Structure formats: structure tokens, C-alpha cells
K.L.:
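Hey, got a structure here with cefamandole, can you help?
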Amino acid sequence: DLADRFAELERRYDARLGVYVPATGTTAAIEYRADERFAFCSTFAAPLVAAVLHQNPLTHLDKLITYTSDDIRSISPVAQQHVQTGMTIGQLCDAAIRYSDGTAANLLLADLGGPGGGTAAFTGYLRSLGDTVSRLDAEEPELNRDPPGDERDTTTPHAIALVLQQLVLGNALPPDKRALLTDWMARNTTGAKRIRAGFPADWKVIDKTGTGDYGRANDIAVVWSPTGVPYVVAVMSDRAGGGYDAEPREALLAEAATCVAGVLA
Ligand SMILES: Cn1nnnc1SCC1=C(C(=O)O)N2C(=O)[C@@H](NC(=O)[C@@H](O)c3ccccc3)[C@H]2SC1
Ligand SMILES: Cn1nnnc1SCC1=C(C(=O)O)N2C(=O)[C@@H](NC(=O)[C@@H](O)c3ccccc3)[C@H]2SC1
Ligand SMILES: Cn1nnnc1SCC1=C(C(=O)O)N2C(=O)[C@@H](NC(=O)[C@@H](O)c3ccccc3)[C@H]2SC1
Ligand SMILES: Cn1nnnc1SCC1=C(C(=O)O)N2C(=O)[C@@H](NC(=O)[C@H](O)c3ccccc3)[C@H]2SC1
Ligand SMILES: Cn1nnnc1SCC1=C(C(=O)O)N2C(=O)[C@@H](NC(=O)[C@H](O)c3ccccc3)[C@H]2SC1
């Protein structure tokens, strides 16, 4: 039984684990703590890039954004290297997805604009996709830091799975913009040890990870079977029992994904 397996993983990793896989015509939804809130961490970058793509003509990707020393205040593997030249919106989208670049995410929030440095407009974008649960309240790095149980900067496995389903498999974006989002997630550099690790090599996986304080580790993915049948997989976790400095445990996500893959294979 899946729920027993997931509960065993929670005990193993001193963690809280949330899992959602939407139903298909032949598979029931998989749910474990699916409606409990967990911090987004960088998983929000996927719908953030969708929002920026949706909002603008595609040639907005070529607009140069300049930024300075006081803009680098979070892990930013790409933006730190390009601070002297600026980055285009397309480069920012690439970095935000593929490297979880926090400065890139903050600059994209600013590009979206409006109250809360773009966080209200981001939340509004999710509302437009029928998500009345998720909320973004802070930028990077603060959005990773809310205490366990705090609702700020949270989604749920169920909510984020349904959002990602619309973005990747549905019609939230026109095909040209959808392809940009999907390809950036396909070329992600941060997810090899999470959902990807739980699915056989002949399944395709595209994903966006998140990692935060209090042992937070997330991954949201779309996977395709070897015959092209897609599934959406959201796995979220935290480790409040270890306090603020608890390490994220990628292996919890890999094991959870292995259990999911066993059901879907
Ligand atoms: C196993 N796993 N999976 N996901 N997260 C983890 S471990 C959590 C984690 C730790 C930690 O110490 O344990 N960190 C560092 O150490 C910091 N390194 C950097 O800030 C920086 O060098 C960097 C950031 C990103 C890419 C390359 C370089 C960060 S990176 C996040
Ligand atoms: C997804 N991909 N990329 N490279 N190889 C693949 S798997 C082959 C494939 C499958 C399938 O059932 O094998 N598809 C879907 O599922 C249908 N749509 C989407 O995936 C779609 O919502 C989307 C359309 C346009 C741009 C981005 C996303 C098609 S797309 C072709
Ligand atoms: C309960 N127990 N007993 N023995 N092993 C365990 S649990 C295994 C384990 C976990 C874990 O994931 O569970 N860790 C963290 O999280 C990491 N802590 C830090 O990075 C940080 O707080 C720190 C870095 C340097 C000096 C002091 C603190 C390491 S500690 C090893
Ligand atoms: C790829 N890699 N390689 N080694 N470790 C990695 S992890 C990939 C990664 C992700 C992610 O998308 O999973 N991130 C976030 O989410 C952002 N979290 C924060 O900035 C954050 O404040 C924070 C960072 C670390 C510890 C506690 C809080 C960053 S951090 C880098
Ligand atoms: C670019 N790169 N190189 N290697 N991995 C990478 S990817 C980024 C990354 C870095 C880094 O260097 O940025 N890491 C550390 O530093 C390690 N942190 C720890 O193991 C950890 O917190 C710890 C636990 C217990 C005691 C002491 C330290 C890992 S975590 C992954």
C-alpha cells in the first residue's frame, strides 16, 4: 500500500512528505498529504516563467535587464557571472528554471510588476489558472524561510500539480510559448537526484526543483512513459523536526518517485 510506504519514508527521513499525481483515464489520482501546504521554494519559477511568457510578445525575451551589486542576495549561479553586462529576459528565464537562480527569479517578478515586487501579479496568474490555494508573498531568499506551518509562500502538491498540468499538457500557453517553458524544464540541471532518479531511463522527465530552510526539498515534473503517455508528479517535503538548518533530503523524493513509478509502470 502506497500510503504505508510514504509513511515509512517520513519516519526514515524525519520528514513530512506530500505527493500528488492527477488521475488519468486509466489511473486513479495518487495522493498523500496532497492538500497540505508546503513552501514553493524555487518550484514557483516554472509558473513565473509561464506568466512572463504569457504577458508579453515573444521578442520580449530579447529585452536586456541590468542589475547591480545590491540585487545579488540569494544563490544565483548565473546572474552573479553576468552582473557587469546584464541579462536578457530569455537568459533570466533560462537561469531561473535551469539553475534556480534567485536573482533571475526576482528580476522576473519585477518584470511582471505590480504590488509586492511582482508577487501579487504572480499569485493572480495562478488564480487565473483556477488555483485558489497557492500564494507568493516574498522574493528570494525570504520565500524559503517561513516557519513550518506558516501559509506565506506556500502551495500544495495538488494545487501545483494542476497548475503544471495546465502549463505543460493543457492550453494555458500557446504552443510556441509552451515549448519554451517545456524545453527549459527538460534541460534542467538541478533535478537528477529527485523525480528523475525514481523513473526508469526510458521514461522522459522534465522538472523544476525547490530547496529551502527547515529541510525543504520539492520537485514538480511531467513524465512521459516509453509509449508517450504523460503523468504529472508533484512531490514536496520538509523536516521541521531538524529546525531551520535541517538539510534537504533529495533521497526522500527519489524514493517517493520510485514508489509512484512502480504504480504507473
Ligand atoms: C543535495 N542537495 N540537493 N539540493 N540541494 C542539496 S544540498 C543543499 C544546499 C547546500 C548544502 O550545503 O547542503 N549548499 C551549499 O553548500 C551551497 N552552495 C552554493 O550555495 C553554491 O555553491 C551553489 C549553488 C547551486 C549550484 C552550485 C553551487 C548550497 S546549494 C544547496
Ligand atoms: C513533450 N515532448 N517533447 N519532446 N518529446 C516529447 S514526448 C512526445 C509528445 C507527447 C506524447 O504523448 O509523447 N505529447 C503530449 O503529451 C502532447 N502535448 C504536449 O506534451 C504538449 O502539451 C506540449 C506541446 C507543445 C510544446 C510543449 C508541450 C504531445 S507533444 C509530443
Ligand atoms: C540525528 N543524527 N544523528 N546523526 N546523524 C543524524 S541526521 C544526519 C545528518 C543530517 C540529516 O540530514 O539528517 N544533517 C543536516 O541536515 C546537516 N546539518 C548541517 O549541515 C548543519 O546543521 C551543521 C553543519 C556543521 C556543523 C553543525 C551543523 C547534517 S548533520 C548529519
Ligand atoms: C542544484 N544543486 N546543487 N546542489 N544543490 C543544489 S539545490 C538546487 C537549488 C534549488 C532547487 O531548485 O532545489 N533552489 C531553490 O529552491 C533555491 N533555494 C534557496 O535559495 C534557499 O534560500 C536555500 C538554499 C539552500 C538551503 C536552504 C535554503 C535554490 S538553492 C539551489
Ligand atoms: C558546486 N558543487 N560542488 N560540490 N557540490 C556542488 S553543488 C553545490 C553544493 C555545495 C557547494 O560547494 O556549493 N556543497 C557543499 O559545500 C556541500 N555541503 C554540505 O555537504 C553540507 O551542508 C554540509 C553538511 C554537513 C557538514 C558540512 C557541510 C555541498 S551541497 C552542494
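Counting from 1, the numbers follow the sequence of the chain as shown. First listed ligand is number 1; within each ligand, the first listed atom is number 1. Computed from heavy atoms alone, side chains included, the values below leave out hydrogens, waters and symmetry copies.
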K.L.:
What is cefamandole (ligand 4) bound to here, taking the chain with most contacts and naming it as the PDB entry does?
P.N.:
Beta-lactamase
K.L.:
If you look at the UniProt active-site residues for chain A, which lies nearest to cefamandole (ligand 4), and how many Å separate them by heavy atoms, rounded to 1 Å?
P.N.:
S42, 3 Å
K.L.:
Can you tell me which residue and heavy atom of the protein come closest to atom 24 (C) of cefamandole (ligand 4), and the distance to 0.1 Å?
P.N.:
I75 CD1, 3.9 Å
K.L.:
Tell me: protein heavy atom nearest atom 16 (O) of cefamandole (ligand 4), and distance?
P.N.:
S42 OG, 2.7 Å
K.L.:
Okay, what organism does the entry have down for chain A?
P.N.:
Mycobacterium tuberculosis
K.L.:
Of all the heavy atoms in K208, does at least one lie under 4.0 Å from an atom in cefamandole (ligand 4)?
P.N.:
yes
K.L.:
Please write down residue, atom name and distance for the protein heavy atom closest to atom 18 (N) of cefamandole (ligand 4).
P.N.:
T211 O, 2.8 Å
K.L.:
Can you tell me which residue and heavy atom of the protein come closest to atom 12 (O) of cefamandole (ligand 4), and the distance to 0.1 Å?
P.N.:
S100 OG, 2.4 Å
K.L.:
Report the residue and atom in covalent bond with cefamandole (ligand 4) in the deposited model.
P.N.:
none
K.L.:
Help me out: UniProt substrate-binding residues in chain A, which have a heavy atom under 4.0 Å from cefamandole (ligand 4)?
P.N.:
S100, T209, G210, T211
K.L.:
At a 4.0 Å cut-off, with the gap strictly under it, does some heavy atom of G210 reach an atom of cefamandole (ligand 4)?
P.N.:
yes
K.L.:
Between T209 and cefamandole (ligand 4), find which residue part has any heavy-atom pair under 4.0 Å and reply side chain, backbone, both or neither.
P.N.:
both
K.L.:
Can you report which non-hydrogen protein atom sits closest to atom 26 (C) of cefamandole (ligand 4), along with the distance?
P.N.:
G212 O, 4.2 Å
K.L.:
What would you say the binding site of cefamandole (ligand 4) is, if we count heavy atoms under 4.0 Å?
P.N.:
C41, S42, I75, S100, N144, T190, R194, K208, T209, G210, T211, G212, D213
